[PDB]
Asks: 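Dropping the structure in here first, questions after.
Chain naming is simple here: A for the first sequence line, B for the second, and so on down. For chain A, we keep the numbers from the PDB entry: what you see runs 2-187, in order. Quick note: numbers on chain B are straight from the PDB entry, i.e. 2-187, in order. According to its header, this structure was worked out by X-ray crystallography, 3.0 Å. Just so you know, ligand 1 is whichever comes first in the structure, and atom 1 is the first atom listed for that ligand.
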2 protein chains.
Amino acid sequence: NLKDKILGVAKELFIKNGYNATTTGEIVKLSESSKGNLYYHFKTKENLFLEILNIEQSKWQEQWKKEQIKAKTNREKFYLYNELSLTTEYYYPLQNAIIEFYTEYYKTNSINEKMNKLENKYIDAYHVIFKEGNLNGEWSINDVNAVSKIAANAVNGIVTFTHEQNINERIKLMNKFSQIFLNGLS
Amino acid sequence: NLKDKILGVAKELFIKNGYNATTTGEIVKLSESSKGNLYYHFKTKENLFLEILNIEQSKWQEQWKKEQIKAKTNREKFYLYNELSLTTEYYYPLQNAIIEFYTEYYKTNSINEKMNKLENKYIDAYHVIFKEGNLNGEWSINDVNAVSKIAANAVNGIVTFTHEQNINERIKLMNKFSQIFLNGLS
Ligand SMILES: Cc1cc(N)c2ccccc2[n+]1CCCCCCCCCC[n+]1c(C)cc(N)c2ccccc21
């Protein structure tokens, strides 16, 4: 598939290299596609990017739901999600690329556009977990939406800023975090 | 000095045109130095940059030493340091060159190694706050080294992946997080 070929080489390079490091030229030489290809469903570069992001976001959200069963209580769901957040092959491996992409477009107003609906899925997982926990009486969070955002970002941090040290060490930290966070919620 | 002069000019250059565009040539001519002297001092642009980064870490620490006086108890220092981390990077010029540099050299262990020694220094702050916090019964943490790395990275998370939100909101979420976290240690 050509339309689904660009997306392939793209995600690949955006991960190995940064947002800038990888260029349209490089994709075209490994995916074979003139300017045209990139225009109907692939306008700009930040377009082909915001695309990949959504795909991955869904790939992750899906995997999460197909695996959250191994967790009976929401307290366990919180812990798990965070741990999985470290093992996955979806979305998280593009955080560095995102950090860049943002530090180099936070001017073009059409940024907080997708950067919005995207920030939703990103925190939705926590939103449910937290609200459901309220119903299930595991805790009582009145500012769910906030805690959701905080948890989501703190976790992204532990996943992103320690991406080079022993995976077991990581898993250990993340769990000690999840333990400390939930415990500060009541 | 002439070394100090290269670092100076280099910091500015990096700040004005980023890491990738700054050429050692520019650095050499503007610092009124020479390819040879610049080689003898840093060997490479990457090292030159890491060196600036080190000096920068120093200023940060020194600054934090003055600023933490406004914080009597360790609980307070935790709160302060976090907010500070968020607000100061909002308008930290080098930030862009750093993002660029990291998301382009974390592949190499040579460089990644040195960078971790740097990130460590950041973490030390939290280690001190937590250790002292123990000795004052503000809390009881027996795995300081861990809690420290965790805090550190969670905070980097909230600082990095939120940029796109009203500055106050960001500060609010941060302070909330410091509240939740600090409470889950009791
Ligand atoms: C003076 C001074 C003054 C201030 N007001 C100040 C304010 C805020 C922060 C530093 C400040 N400093 C000095 C700051 C010196 C900082 C040296 C930092 C070295 C480390 C970066 C590590 N890193 C890692 C590990 C992993 C990542 N995925 C990653 C992704 C994107 C970007 C960086 C990444």
Asks: I'm curious - which drug did they put at ligand 1?
Replies: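 The drug is dequalinium.
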Asks: Specify the chief binding partner of dequalinium (ligand 1) in this model, using its name in the PDB entry.
Replies: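 The chief partner is HTH-type transcriptional regulator qacR.
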Asks: What chains, other than any belonging to the drug, come within less than 4.0 Å of dequalinium (ligand 1), counting only non-hydrogen atoms?
Replies: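 Going by non-hydrogen atoms, A, B.
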Asks: Which residues form the binding site of dequalinium (ligand 1) when counting heavy atoms under 4.0 Å?
Replies: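 Heavy atoms under 4.0 Å: A:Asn97, A:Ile100, A:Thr161, A:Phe162, B:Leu54, B:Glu57, B:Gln58, B:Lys60, B:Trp61, B:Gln64, B:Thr89, B:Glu90, B:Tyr93, B:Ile100, B:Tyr103, B:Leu119.
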